[PDB]
Every structure is written in structure tokens, then in C-alpha cells.
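So, a structure with AZD5363 in it.
The numbering of chain A matches the PDB entry: 143-451, 457-477, in order. What you see below is based on every heavy atom in this structure, not just the backbone, and it leaves out hydrogens, waters and symmetry mates. When a ligand or atom number is given, it counts from 1 through the structure's own listing order.
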Amino acid sequence: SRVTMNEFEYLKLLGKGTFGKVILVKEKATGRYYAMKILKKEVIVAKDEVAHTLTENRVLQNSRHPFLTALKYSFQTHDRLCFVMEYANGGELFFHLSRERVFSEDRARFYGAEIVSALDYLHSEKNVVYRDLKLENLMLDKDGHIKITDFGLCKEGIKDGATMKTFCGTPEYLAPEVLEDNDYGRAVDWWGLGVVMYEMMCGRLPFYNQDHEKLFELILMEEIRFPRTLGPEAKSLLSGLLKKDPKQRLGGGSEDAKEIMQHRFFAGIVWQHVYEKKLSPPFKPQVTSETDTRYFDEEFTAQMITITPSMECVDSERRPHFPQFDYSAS
Ligand SMILES: NC1(C(=O)N[C@@H](CCO)c2ccc(Cl)cc2)CCN(c2ncnc3[nH]ccc23)CC1
């Protein structure tokens, strides 16, 4: 258990939420930069977020893909869990779309392809369903390639047509079959892909109401509509991804991602080239240094950091000693 919190300099707040914070850090000994997610044990326990936290840890440790965030270290103190991950310097797609309103079909295509590559890997090679696709969880690396973050809602052990039970996800992104609450399969990820790609090309959610009651009714009952400037292949792709019956959805059959990969919207895409990062990103992040946070909301980066500075074997109900938090990537 070599690295500890004292091995890092804490530079800037990147993100914050009910469960904890994510800080831009420098490993002092190497000069390398990372995003460190710091969670308070007491909070995770109180909010029944333990299982999610442990799932993210396992999924990160078990996965290696161009478009998935890589984990460098995970470790714990008596009161905290720390995940030291590759820093996605280009920020959230949420940040960009908020400012730009829409992406071109070509730009949405590039992101869509990298997302499909990542999800295909998870489904096919890892038997993992992601369940939480949304613009906040889709980040850009310094070169402009996708990095998916936040694996806490994943389900492991989902092979082929195996089903899942848990009601989870983000309300505006929930698939009809999730809302029905009578079991669902891996095609929930393709609904999620539909929502994000719809947002990218159309500049709004496919279904929205500030009241969750009304929102859920729309998702279940309302036929999809598109702005009339949307091209025919994009309309076709989104229509297929946003079919309410997962059995009728693009990606919803035995071939899974391969059905999406073959859709005419992605005609000409060479999928091995996607994997190899041989497509030139349409937007290159213009960061001037390894610490430039221009693609992060000032609401976060303006905040002051004061990290709190024996107890190595302490294992309590409120602050447990958790398993698999002695990780350093080989
Ligand atoms: N999308 C990020 C984020 O704040 N996510 C939100 C959830 C979605 O709204 C978040 C807030 C707080 C916490 Cl503890 C975890 C996740 C941006 C800041 N984060 C990162 N920033 C830059 N590089 C990163 N690599 C790994 C994570 C990360 C965490 C993910």
C-alpha cells in the first residue's frame, strides 16, 4: 500500500456532488496529473451508495479500453475512498453542448461511434451493462476523444439476454422498460445512446417535463418527434434507438452493438479505426497546460480546496475498511 493522500498536490475542484468531490491533482514524485475522486465513507454508508461505489471500483480495475476512463490508483484512509483516474482535460460533453446548443451530424457521428465502441466492449467482452449514459458522464480527453466516466450504476455478469431488476439511472434518460419495472436487458444502453445522440443533433432532450410524473408518461407514451432540419439517416438511427419496445430497438437483438454499427448513419466508418483512434476528432481541446481547466464550470473550479491532512486498521459500521482498495495499475 505505497501511495497515500500525501503523495499528491491538490490543484483545482473539477466536480462535486452529494457523495463527494473530484479534484485535479499532481503526483509529486512523477509530475503526472490525474483526477482524484474523494468520497467520505460516512456519506456513502448513510446514503446507501456503498454497492455502487464498490461496483465502480471493480469495473475500473477490470476494464481497459480507449474510450473508458483508466484507473491509476485506488486506496482508502480511515474516513475516505480515493480513486486516482486519468484526467479528461476536454471536459464534459454537457459543458460543450450547453454553450454550442447543437453539434453537427458529423461531430455527433464521431462521438456516437466511440461510445458504441466502448459499449460493445462492455457488453461483449466484460458482460457489463452501463445503465447511466448521459452528457455529464461523456467526457473528452486532451486530444478530443471520448472518455466515459462514472461506472457506479453498472451491472456485472450480464451475458447475452440475461435480465436486470434494479430501478436506477437518471430520470430524463430512463428507458421505457426501466420505468415499467418488470425486468430489462442490455438494450437499455442503446436507449441511452439514442437520448445522448438526440441531444447532440437536436439540441434538447427527446422527452422533458420538470415534473417526473409527466416526464415518465412522455417516455412511456409519447411518439418521438424531430426538428425538420434533421437528415434522413440521423432520423432513422434515432428512431431505431428510441423504440419503446426493447425487442424492436436497434441493438435490441442477439447481435447487440453490431446492428447499430451496420446502420447507414455510420456508413463508411471502419470500426477497427475507431478503436485505434485513427479518426481525427472534429473538436480539439485548446488547453495551454496540463492544469488548464477552461472546459470545466467555474462554479466548481473557483472553489477553494482544503483537504484535511494511527488508524489504518479501523473498521467501523459508519467507516468500514473496504475490500479491493489497495490498487496500483501494473
Ligand atoms: N463528469 C465529472 C463529474 O463531475 N461527474 C459528476 C456526476 C455527473 O454529474 C460527479 C460529481 C461528483 C462525484 Cl464525487 C462524482 C461524479 C467531471 C469531473 N470529473 C472528472 N473530471 C475530469 N477528469 C476525470 N476523470 C475521471 C473523472 C473525472 C468527475 C466526472
Exercise for the section: Write down the macromolecule with more contacts to AZD5363 than any other chain, named per the PDB entry. Expected result: RAC-alpha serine/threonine-protein kinase
Check your understanding: Would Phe161 count as a contact of AZD5363 if the rule is a heavy atom under 4.0 Å away?
Key -> no
query = Which of the listed options, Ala177, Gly159, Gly162, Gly157, holds the heavy atom that is closest to atom 4 (O) of AZD5363?
reply = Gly157
Heavy-atom proximity to atom 30 (C) of AZD5363, best of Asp292, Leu282, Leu280:
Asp292
Q: Report, in ascending order of atom number, the atoms of AZD5363 lying under 4.0 Å from any heavy atom of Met227.
A: 26 (C), 27 (C)
(Q) Could you tell me, atom by atom, which parts of AZD5363 come under 4.0 Å of a heavy atom of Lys179? (A) 14 (Cl), 15 (C)
* Asked: Which residues overlap between UniProt's ATP-binding set for chain A and those with a heavy atom under 4.0 Å from AZD5363?
  -> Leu156, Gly157, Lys158, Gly159, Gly162, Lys163, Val164, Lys179
Taking only heavy atoms of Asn279 into account, list the atoms of AZD5363 that are under 4.0 Å away from them. 8 (C)
Open item on the list: Checking contacts here: is it the side chain or the backbone of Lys158 that comes within 4.0 Å of AZD5363, counting heavy atoms only? Could be both or neither.
Closed with: backbone
Quiz item: Which UniProt domain of chain A has the most residues touching AZD5363?
Solution: Protein kinase
**Geometric N/O contact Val164 with AZD5363, under 3.5 angstrom** = no
### UniProt active site of chain A closest to AZD5363, heavy atoms, to 1 Å
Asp274, 7 Å
**Asked** Which chain residue and atom does the model connect to AZD5363 through a covalent bond?
**Response** none
Q. Less than 3.5 Å between some nitrogen or oxygen of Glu234 and one of AZD5363, yes or no?
A. yes
task: For atom 9 (O) of AZD5363, grab the closest protein heavy atom and report residue, atom and distance to one decimal in Å.
output: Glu278 CB, 3.6 Å
Taking the non-hydrogen atoms of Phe442, is any one of them nearer than 4.0 angstrom to AZD5363?
no
Could you tell me whether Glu228 approaches AZD5363 through its side chain, its backbone, both or neither, with non-hydrogen atoms closer than 4.0 Å?
backbone
* To do: Check whether any heavy atom of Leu181 sits under 4.0 Å from an atom of AZD5363.
  => yes
**Prompt:** What residue and atom, counting heavy atoms only, is the protein's closest point to atom 23 (N) of AZD5363, and at what distance?
**Reply:** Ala230 N, 3.0 Å
- Message: Give the atom numbers and elements of AZD5363 that come within less than 4.0 Å of a heavy atom of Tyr229.
- Response: 22 (C), 23 (N)
Provide the binding site of AZD5363 at 4.0 Å, counting non-hydrogen atoms only. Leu156, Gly157, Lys158, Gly159, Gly162, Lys163, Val164, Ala177, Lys179, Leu181, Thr211, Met227, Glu228, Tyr229, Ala230, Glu234, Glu278, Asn279, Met281, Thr291, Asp292, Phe438
For AZD5363, find each of its N or O atoms that sits under 3.5 Å from a protein N or O atom, and tabulate the pairs with distances to one decimal place.
| unit_1 | atom_1 | unit_2 | atom_2 | d |
| --- | --- | --- | --- | --- |
| AZD5363 | 1 (N) | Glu234 | OE2 | 2.7 |
| AZD5363 | 1 (N) | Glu278 | O | 2.8 |
| AZD5363 | 23 (N) | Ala230 | N | 3.0 |
| AZD5363 | 25 (N) | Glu228 | O | 2.9 |

